[PDB]
> 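Here's what I've got: pleconaril, bound to Capsid protein, VP1.
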Amino acid sequence: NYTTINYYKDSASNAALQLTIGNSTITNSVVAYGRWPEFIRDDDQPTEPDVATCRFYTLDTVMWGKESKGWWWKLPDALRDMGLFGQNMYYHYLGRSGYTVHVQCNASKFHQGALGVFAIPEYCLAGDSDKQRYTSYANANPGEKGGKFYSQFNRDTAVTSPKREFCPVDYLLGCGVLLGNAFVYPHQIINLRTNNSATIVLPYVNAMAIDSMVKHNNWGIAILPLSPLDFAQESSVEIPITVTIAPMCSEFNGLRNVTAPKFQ
Amino acid sequence: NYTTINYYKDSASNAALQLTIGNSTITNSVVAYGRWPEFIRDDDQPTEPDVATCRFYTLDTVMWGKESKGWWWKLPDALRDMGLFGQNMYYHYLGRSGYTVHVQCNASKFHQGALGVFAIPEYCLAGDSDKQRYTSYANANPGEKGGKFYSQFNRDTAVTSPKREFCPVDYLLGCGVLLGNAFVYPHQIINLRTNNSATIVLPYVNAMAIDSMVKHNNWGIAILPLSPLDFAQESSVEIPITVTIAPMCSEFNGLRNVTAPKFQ
Amino acid sequence: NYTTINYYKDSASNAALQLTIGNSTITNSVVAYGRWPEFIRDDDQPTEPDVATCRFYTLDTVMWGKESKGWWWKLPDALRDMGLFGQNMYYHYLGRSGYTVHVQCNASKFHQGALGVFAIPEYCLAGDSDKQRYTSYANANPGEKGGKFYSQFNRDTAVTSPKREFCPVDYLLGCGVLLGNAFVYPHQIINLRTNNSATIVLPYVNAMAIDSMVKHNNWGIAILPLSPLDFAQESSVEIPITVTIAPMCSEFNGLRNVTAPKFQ
Amino acid sequence: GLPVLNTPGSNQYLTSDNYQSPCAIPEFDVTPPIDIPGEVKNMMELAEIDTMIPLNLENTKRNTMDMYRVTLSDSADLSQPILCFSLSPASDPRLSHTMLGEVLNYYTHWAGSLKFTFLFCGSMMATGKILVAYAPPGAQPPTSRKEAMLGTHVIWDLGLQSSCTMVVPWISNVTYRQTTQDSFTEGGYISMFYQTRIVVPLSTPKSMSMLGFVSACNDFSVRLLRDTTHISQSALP
Amino acid sequence: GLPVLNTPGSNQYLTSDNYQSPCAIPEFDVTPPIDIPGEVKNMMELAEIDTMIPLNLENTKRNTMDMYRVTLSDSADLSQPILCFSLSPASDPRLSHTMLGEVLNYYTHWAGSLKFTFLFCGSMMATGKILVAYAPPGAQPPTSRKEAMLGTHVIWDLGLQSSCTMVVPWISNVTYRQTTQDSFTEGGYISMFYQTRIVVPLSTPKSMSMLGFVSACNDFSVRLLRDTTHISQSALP
Amino acid sequence: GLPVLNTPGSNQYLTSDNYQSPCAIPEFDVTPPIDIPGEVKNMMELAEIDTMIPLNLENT
Amino acid sequence: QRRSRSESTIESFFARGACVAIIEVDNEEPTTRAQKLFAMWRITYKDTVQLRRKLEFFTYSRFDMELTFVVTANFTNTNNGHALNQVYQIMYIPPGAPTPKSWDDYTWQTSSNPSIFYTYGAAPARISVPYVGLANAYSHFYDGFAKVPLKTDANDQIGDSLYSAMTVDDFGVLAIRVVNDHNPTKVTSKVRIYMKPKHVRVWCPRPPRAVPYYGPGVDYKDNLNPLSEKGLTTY
Amino acid sequence: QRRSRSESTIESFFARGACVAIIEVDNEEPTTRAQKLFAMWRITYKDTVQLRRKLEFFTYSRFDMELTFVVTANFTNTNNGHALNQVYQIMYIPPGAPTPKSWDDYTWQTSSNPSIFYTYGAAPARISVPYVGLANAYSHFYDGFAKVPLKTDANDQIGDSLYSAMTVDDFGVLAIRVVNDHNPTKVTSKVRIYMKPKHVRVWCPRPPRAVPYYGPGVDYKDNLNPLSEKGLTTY
Ligand SMILES: Cc1cc(CCCOc2c(C)cc(-c3noc(C(F)(F)F)n3)cc2C)on1
Ligand SMILES: Cc1cc(CCCOc2c(C)cc(-c3noc(C(F)(F)F)n3)cc2C)on1
Ligand SMILES: N[C@@H](CCC(=O)N[C@@H](CS)C(=O)NCC(=O)O)C(=O)O
Ligand SMILES: N[C@@H](CCC(=O)N[C@@H](CS)C(=O)NCC(=O)O)C(=O)O
């Protein structure tokens, strides 16, 4: 074989069913990257509410019709005002947690339509102005209500009082990539002719073992209608969509006074 | 001895009688390159008509006189309309086969003359115009009839309606090489004073294990009079020449609808 | 591991309580660099007065008030006129010795203040003129009396008869470095609410095993008030500070006639 | 010192070379890594993931969500194909911008089998049968079910199964195919036809949508890395 | 002779390289060393030594001895903090010029815990209690004792002990923090408050001074050597 | 051939260096030495020999 | 044998040098008006688009770096004389270190900062750098801010920060100058920097960019119609 | 793993080249008036401030040295012609050795003094030096004198000496010349010297300099207010 000896001392120089959680119960699931949520490994005492925070919280129901273009949420932003989980978030400097997301949508055998649910790590969205990275904290953290997609890019032509809001586009996924490839991310498809619910399990993903839960969002959830809703020969159709999220294996550290962000 | 060590990881960087086949019988032979036809080795299920295609087919007889300059055929082009072999050719995308060629020419003890039969792999012929590689598919695939050689280069001086035909030259072998060296190829000599027939066995030769039989011809057969025909003190002499070809170890793959080339 | 062979023959080319001493007794201590004074190792017969020179000598008492800015002494300069130690210094060319320094300052429970005592090796002070390194020998060796610090730099604007004196600054430690970092040197803190005395043990420190005691001072002692003196609601307060120094493990060599420096 | 002779190629910079160079920050304490989910070892792993195909690239539907949907109806012409395209994973516009196509556009040669999936998004009350056919190259592209059924084909029942999968195997004369358009290395054709028609009862929608996905198999390989044409630049920041 | 090929980087001078060079004074008899007290093996050893903090950097007290003293009194507003600063060992003006800060200014990345010490220089007849608090980053800087006591804190009794020590542990999202000001790697806040007030009897001073010191612990590390901004030059001698 | 990288100091002439150089007269038959009295191994040996001191350096 | 996937590995996928910076430096007589006697470049991989697009296939990465420098010089006028061979100095300034204000200030002493001296006409310069990430891996995408506004803040600018940004100054800068004095004739020069990742690990694959980049972020402004026209039933 | 202190060692702290000398040498026709045909530089590390400040963290030191030389040349006029490549001679003159008085005197024979001949356009010159201290370690600070005045001295100048100085001449000097004769056109050149300590040992740590240096000593003249303003109760 060919001979090789490394000269320098540095390595760089070298040549190259029912699910019950806590006091909540909901009656196949998808695990992101095949990794179940877990606590920090062996390699300041953390606080861990075993059941006061690891349970299912239900968000506000939304309506799906013939003109809906999609919805998106950010985690852990969406759960900032849910029981003691939010209190622990705002009373500590460092936090960590995984999630279990459950999407519910029921219809009849005479309806038709398909929804795509995508879980995206580090889901960064585009703005609505010539200025770059000018979106504000308040607009980037809607909370429980979340946001919506659009079919076109509407530039905010107002220099007097810029809105500083996102302008996602459905077929660009709001980030400049084609929607067809979004299936690279963890995903589920709800087809009304086969099923009525979707489930995803998300572990903690980040470049650090633990990070602030207030200034950084680890996950994004996007729901988009792949096929339009229809029902018999009716002009208008509307059905509800519900989202339920459960924290799992949550840890907090850095206890001090409480944080009170200015949301408008 | 001298010392040498290879440094780079890449190898390129390193310093440098009766013969019966199927339902046919014909009453010494030459094997090209000393390799008998064989099926593909171990290294989509192929179709293989054992006897419906591996048999002797006889082409149209030609006449040899005192002014004949030669004849040429292309394989597998010449057998495109022979029984089920052609049907398999045009019903499949990939084909493979070897051949057995038998040339027959009989005369009397008072005749004299010599024929040279040459089997050429990748037999590419020259055109008849200033434009390069402008010959058409129809003219390059004559079929059973085949083509003929010429004693001089006749340029096609017609830009209105170019013929787009080959212009082979006998002493240049139709490809820009001297005829005397054509014996480098597999060959036979029919001398009327010793024998009356020739036989050659051709294996499958190509850069690929299997290839299309419609857009590529693997073999060419060339017959040329090395010595002119003569008989007693007669002004005109004509005798027949016959060619019989048998496919051997033929395989086909890629079954779909039938292909119908436009031959004029 | 990586391979390395040194080619050149030269290494440089290679790639990279009561304490009693003698007839003196004084009724926790700090050892500089954790090294006790010792005699020269095995690696001209030296003279060594075991007890005629290794004993406590007391200097002149100073007064600490509300405007005092600090005091400094140089060793072995301060002991040049103390018994037989000075005689041995001036009768020999080479000398060596360590020291034990004891600082005494007593007050009442109703006083407050803090003193910092620092032992500095090679304590070089700044001048008082534009000319550089122009200080004279007489001014740089005050002796028992020592010198004082100042709160500002007073340039000596007199070219007719330059004074050639030091101009130390309290917050610059007299050498261009911040006082807060002076704790890098061996140090003690006398806080009137906890203690009333300080003790330091200094070994012999120099680039040579033995050196002249007349033209080179090995140690400097600096005392500075970290907190101002105060007493009840009185306008003026003064208390005494005393310094006692004991040579330890002293050696001399190079006996000849006596040296008589011109101190003014 | 040691005699040496300089050979051709000295003092040149080849961007694909692999040599050792000095480190400008010696004795650096590198931060240790952690186990982060989602590690990737090979780019082919990305090409094995199914992604939607923009089948409908009509003028008014391209660059829009509807380009991912193919319409099906109970009153369609049963004698005409539903969709047709060519087996050019990197050059065909309908396959070039998929994840498989994006990965292939960084390479010059490709080989292996492919997997196509079709999803039916109608009502549970709809029924029908479809024929999905692949034809190797060499002959006329199929224009009718009679021609298509002579090649490789699969029959799909909508009622029993809402999704269908067809594997296109590797059948070629050369060992590797080019990622650019070339007749000497053409791959074949893919077509779809109605076996039976779509039947729905009353009070049910008569029109529905179908989706398509493509992916690679474990016997897929690429060769000769090269730059892509999907990104450009006109000015430097 | 031996064939050789010159690679990129030949005949360049990298100031951080480590090669061999000929010696201009061969056969030199070097003077042997001796055992001198005070040998240093690592620069971190200097950062573990406590040094005074110039807490009071007011306009009329900066660059003066009084900048090292913090005033305490028996008539002070008990509802207001005594001192407050940020945990920026290298960029905060009150910590930058300390020995720890001077060492850190030669490096780009730092990590580890810190030790703060406070010394009380009043009379033996004075008594009182103090609260010293550290708050991790993320929330509003504390402005009252109620907010401060929710974070890490220590209660110090002046009468029993004249000195107090508080250890600020390493709590961060990143493995290393920058030595420059940056919100993404902020460290937290340090504050002090009166738990009780300072009580003195008659014939005793009512005002006193307090001193502060900072040092590093054995779990401290630095990375990526760089030049400092504390020394400059305008002309060559 | 063998990859190499040129380091600083290449193609310089240091008068105190110690390298190998080719010989311009190969296969030369050197005359053998003999035992000559007075061989010197070190310069210090010359400094150990006593010599007169010009003590009186007056003008005349 | 059977076909292999040797060249589709991450290491093979990133085993090429890519340009990231073109920097202009001039040598001429200093004057009152603005000049390019020394240049300062902020380190980043987003100036170009090829390596950026290749890297953005994944969310997290961890690698070492190899940097190569190619220098090309030329004249500007032809009636001023000629020049001798020039020497270029390249200095790395990490965050917090002092920055030059002139081509001959004290900062060039490079007592602690690493520096390279390059002689024109020699082989292109080259160095290697280890992984210098504060966290356990590099983050190509960061959904968050560096500050959080608070209700108790005096004004709204206290907590304002750019979206999807970690630090104002990251990885420092490079300062390039010509050490030689000025000849009577002006001489211009360009330095091209080529970067090659080594020992690469990646996490969380991501779909590639489909529309032209617009700034360091994910924003898009123009050319939002990438796909072309084709027939539904057309081969 | 756990964090290491590999890069905070003394050897790593001093493992960089630092400039200590910039020397000008000219080649032109000799004339009656003063010229720079040859330059003499006194060896020291106090000309600059970075390496000096780094070294003054300690009282005593012991190390070997690595020296590198970078040469840059240029023209001055454009109506006199051109020049051929020049050769530079650098000679080390220890104390007591004869010093040159002209660019072509006998002293350049360098029969015993080491010398370097450098050809312009080649790699920067480099050499190494061992520890050459008379004592057991180098003394960065020396509190004393070299002479002691005596009462019996005839005058006060017999015993006068500079404070904090050991020897008038220490470590010798370096003499640099251009060996080539003079072309019709003048050519200027600058030699930059970079110094790297190796095999370093230190003793008696010392607080660093806080105010600008003023001369070889510890004297201070101006800018005695380094610290800035800040609030006592301001974060
Ligand atoms: C992700 C990612 C990684 C990077 C670049 C990190 C490396 O940054 C550098 C560079 C480009 C050069 C040097 C450098 N070290 O030395 C030199 C010099 F000597 F050439 F000046 N340059 C040091 C770092 C940390 O940017 N984004
Ligand atoms: C402390 C301290 C250490 C020093 C410098 C000591 C080394 O001094 C030198 C230098 C700088 C160069 C040479 C030298 N030897 O050879 C050459 C030449 F060949 F380049 F001329 N230069 C010799 C000594 C002793 O200065 N202060
Ligand atoms: N032609 C323009 C653009 C030059 C330029 O910098 N082009 C960029 C891309 S927009 C580039 O990378 N060019 C190739 C190179 O010079 O390395 C100019 O000269 O200013
Ligand atoms: N600009 C002035 C100062 C030049 C100079 O020598 N500067 C010193 C610091 S005051 C230096 O080290 N410059 C960087 C270098 O040239 O190496 C001049 O050209 O005379």
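Proteins come first, then strands; the chains are lettered A, B, ... in the order of their sequence lines, and each starts at number 1. We count ligands from 1, going down the list as the structure has it; atoms in each ligand are counted the same way. This depiction is restricted to one part of the PDB entry, and every contact reported falls within that part.
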> Which components of the model belong to pleconaril?
ligands 1 and 2
> Please list, by chain letter, the other chains with any heavy atom under 4.0 Å from pleconaril (ligand 1).
D, G
> Short list, please: which atoms of pleconaril (ligand 1) are under 4.0 Å from a heavy atom of G/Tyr138?
1 (C)
> Enumerate the atoms of pleconaril (ligand 1) whose separation from the nearest heavy atom of G/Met65 is less than 4.0 angstrom.
3 (C), 4 (C), 5 (C)
> Which of the atoms in pleconaril (ligand 1), numbered in the order shown and given with their element, are less than 4.0 Å from a heavy-atom of D/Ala24?
15 (N), 16 (O)
> What does the PDB entry call chain E?
Capsid protein, VP3
> What is the closest protein heavy atom to atom 2 (C) of pleconaril (ligand 1), and at what distance does it sit?
G/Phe171 CE1, 3.8 Å
> At less than 4.0 angstrom from any non-hydrogen atom of G/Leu67, what atoms of pleconaril (ligand 1) do you find?
10 (C), 11 (C), 12 (C)
> Within the 4.0 Å heavy-atom shell around G/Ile90, which atoms of pleconaril (ligand 1) are there?
21 (F)
> Looking only at protein heavy atoms, identify the closest one to atom 25 (C) of pleconaril (ligand 1) and say how far it is in Å.
G/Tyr92 OH, 3.4 Å
> Of all the non-hydrogen atoms in the protein, which one sits nearest to atom 8 (O) of pleconaril (ligand 1), and at what distance?
G/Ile43 CG2, 4.1 Å
> Which residue holds the protein heavy atom closest to atom 20 (F) of pleconaril (ligand 1), what is that atom called, and what is the gap in Å?
G/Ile116 CD1, 3.1 Å
